[PDB]
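See below for the structure under consideration.
Using the numbering of the PDB entry, the residues shown for chain A are 3-260, in order. Recorded method for this deposit: X-ray crystallography, 2.0 Å. Remember, it's 1-based here, ligands and their atoms both numbered in the order they're listed.
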Amino acid sequence: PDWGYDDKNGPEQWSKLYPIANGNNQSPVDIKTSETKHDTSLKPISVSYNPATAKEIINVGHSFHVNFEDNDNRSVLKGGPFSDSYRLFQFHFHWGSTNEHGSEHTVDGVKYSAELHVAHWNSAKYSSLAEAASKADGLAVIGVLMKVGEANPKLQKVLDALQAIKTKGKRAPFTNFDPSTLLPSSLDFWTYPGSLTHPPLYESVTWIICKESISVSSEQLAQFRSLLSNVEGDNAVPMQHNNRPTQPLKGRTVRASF
Ligand SMILES: CC(=O)Nc1nnc(S(N)(=O)=O)s1
Ligand SMILES: [Zn+2]
């Protein structure tokens, strides 16, 4: 695949290998609060995750993933703009080289420190994640903006797991964990049709952006920034940043549930 976040193979170059990069439904985007539209049809989002579905943590080089068993409908998202239930498959984070600016989505032109993404795939429609992945209604991602301030105690279990997957390709059992514990107290949101924020960049995602942010301290962020992109044994190359610049809206509408 050979793509990255460095000057050579970064976001500004992705178009070269993946034309969809210049599509009309690309993510992330800037959410202008004055132009959002209240949609009275939106229902509250309901998350129902089973902790025993947590399975492993893995270093994939450009970031780390927390994977969940997705053979059943034990952990699902429902409500919001959906008629069907979406099966949780993973959560991951996005951050930047500085503690102040590292989110993907921005609000009123304001970039936050980091962003949590909780991904699900349409089990009511497709057979597998692989199938669902390039379809318009294939994936649902919840994005939660993180703002540097006080340390957040709910992140602890994830941070301690990091020691075991220091380098690319390392993986470790990660179990008994309910990710809904990471979401803000209120679930009011913004939604728009978009895409995967990194290659292959399929325009298959229905974004759910939470209106309320959660905190994190600069030392917590420094722990993400300390993981390595190289394989074990090689020279150390830190995972400095993994966020893509915002893309043009191209006439999409950002709906508000409030
Ligand atoms: C299978 C799958 O979800 N691939 C991803 N690539 N980008 C994603 S993101 N950052 O928009 O959640 S998810
Ligand atoms: Zn992501």
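- Among the options pyrazinamide, isoflurane, acetazolamide, isoprenaline, tranylcypromine, the match for ligand 1 is acetazolamide.
- In this structure the chain with most contacts to acetazolamide (ligand 1) is the one UniProt names Carbonic anhydrase 1.
- Of the options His96, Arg246, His200, the smallest heavy-atom separation from atom 6 (N) of acetazolamide (ligand 1) is shown by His200.
- The UniProt domain of chain A holding most residues in contact with acetazolamide (ligand 1) is Alpha-carbonic anhydrase.
- Nearest to atom 3 (O) of acetazolamide (ligand 1) among the protein's heavy atoms is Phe91 CZ, 3.3 Å.
- The residue in chain A annotated by UniProt as active site that sits nearest to acetazolamide (ligand 1), with heavy-atom distance to 1 Å, is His64, 7 Å.
- According to the PDB entry, the source organism of chain A is Homo sapiens.
- Looking at atom 13 (S) of acetazolamide (ligand 1), its nearest protein heavy atom turns out to be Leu198 CD2, 3.6 Å.
- Acetazolamide (ligand 1) has no nitrogen or oxygen under 3.5 angstrom from a nitrogen or oxygen of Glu106.
- Interface atoms of acetazolamide (ligand 1) facing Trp209, defined by a heavy-atom separation under 4.0 Å, are 11 (O).
- Of all protein heavy atoms, the one closest to atom 10 (N) of acetazolamide (ligand 1) is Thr199 OG1, 3.0 Å.
- With a cut-off of 4.0 Å, the other ligands and ions near acetazolamide (ligand 1) are: ligand 2 (zinc ion).
- UniProt substrate-binding residues of chain A with a heavy atom under 4.0 Å from acetazolamide (ligand 1): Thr199, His200.
- Taking distance alone, with nitrogen or oxygen atoms compared against 3.5 Å, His94 approaches acetazolamide (ligand 1) more closely than that limit.
- According to UniProt's Zn(2+)-binding annotation of chain A, the residues with a heavy atom under 4.0 Å from acetazolamide (ligand 1) are as follows: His94, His96, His119, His200.
- Lab note: binding site of acetazolamide (ligand 1), heavy atoms under 4.0 Å, is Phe91, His94, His96, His119, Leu198, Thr199, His200, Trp209.
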